[PDB]
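Have a look at the structure below before the remarks.
Shown for chain A, in order and in the PDB entry numbering: 453-507, 511-570, 583-633, 651-750. So this one's X-ray crystallography, 3.2 Å, going by the header. Worth knowing before you read on, the calculation uses all heavy atoms, side chains too, and leaves out hydrogens, waters and symmetry mates. Ligands are counted one by one from 1 in listed order, and the atoms in each one are counted from 1 as well.
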Amino acid sequence: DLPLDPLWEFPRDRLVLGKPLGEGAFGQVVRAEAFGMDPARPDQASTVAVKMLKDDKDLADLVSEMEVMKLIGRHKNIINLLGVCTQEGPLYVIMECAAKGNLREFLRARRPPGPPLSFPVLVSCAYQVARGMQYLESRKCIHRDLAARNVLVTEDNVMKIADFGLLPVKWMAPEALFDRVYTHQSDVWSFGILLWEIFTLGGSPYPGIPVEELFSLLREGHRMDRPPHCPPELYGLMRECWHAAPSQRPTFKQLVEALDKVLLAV
Ligand SMILES: C[C@@H](Oc1ccc2[nH]nc(/C=C/c3cnn(CCO)c3)c2c1)c1c(Cl)cncc1Cl
C-alpha cells in the first residue's frame, strides 16, 4: 500500500528465499539467501530470516511490528532488523538469523543422559537475556511472554530475544495473571522462570502440576524448588524474581550486575 524507507528498503532481486522456520501467530518465517546485506562487499552472501504473510488484519500487526524494530535500533542481545521489502507488493521483513534456532530447544538437545553445556555457558545464556531485557525496558519497549522459547541462539552462542512492543500461564506473574496488568516488574518475574528453564536444561516449569490451582499454590508462597546442581546464588536470584510484591522484585539493571559478578567468577 504505502511508502518506502531508503534506510531499510531492500531490492527483492538480491533475495532468494528458502525453507521455512515454523511459526506463527503473526506470520510465517522462512530461511532466505539474501545477497549484499552488508554493502561493503556487494558480492557477499549470508543466511537471513524473512517474515511473510500466509493469507488480513495481520497486515496491520505485521507493519506495526516492522515500524517498532526500526525505532529501537540495533542491539546485540535482540533480534535486529536488517531490511524490508514493500516495493513490488508482498511484504517481506528481513532480520538476523540464529541457526541453532531457539533456546528451550537449544538445551533439550545438548541435554546429557539423566544424571558441552558447562555451567559458565549457562550463565552466559542468562546474562545475555538480562542485558537484552534491560535494553527493551530503557527504550520504553516491553516483551510479555519471555520464555526460553522466545530467546534465539545465534551460531556463536549469542542470545537474541525475539519479538517486542511498546494461555502461557506458568510464565505469567500474578498481577498479569489476575489483574491483567504488565509492568517492567512482570517481566522480571518471567525472567526468573527463564532462569529456572535454563538450569534445569530445558525443563517444564512447575513439573506435574495442572495449570489450574497453580494460582492458589503461589497464593501460599510456594515457588519451585532449587533445581539440582544449581548453586544457591542463582536460586536465590529466582526467589527474588518470584517475590509477590513487585517493588521487592529486582530491576533488570540489578539482574545484570548479579549475573555479571557471577560470570566474573572465572
Ligand atoms: C517462529 C520462529 O520465528 C523466527 C524469527 C526469527 C528467526 N531468526 N532465525 C530463526 C531460526 C529458527 C530455527 C533455527 N533452527 N531451527 C530448527 C528447529 O527445529 C529453527 C528465526 C525464527 C521462531 C522459532 Cl522457529 C523458534 N523460536 C522462536 C521463534 Cl519466534
Worksheet entry | Main binding partner of ligand 1, per the PDB entry | Fibroblast growth factor receptor 4
Discussion item. Do you know which of R-levocetirizine, LY2874455, PRT062607, MAK683 got modeled at ligand 1?
Written reply: LY2874455
Worksheet item: By smallest heavy-atom separation, which active-site residue listed in UniProt for chain A is closest to LY2874455, and how many Å (rounded to 1 Å)?
Response: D612, 9 Å
Worksheet item: What is the listed source organism of chain A in the PDB?
Response: Homo sapiens
Worksheet item: Where, in terms of UniProt domains, do most residues of chain A that contact LY2874455 sit?
Response: Protein kinase
Item to complete: Report the binding site of LY2874455 using a heavy-atom cut-off of 4.0 Å.
Response: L473, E475, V481, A501, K503, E551, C552, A553, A554, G556, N557, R616, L619
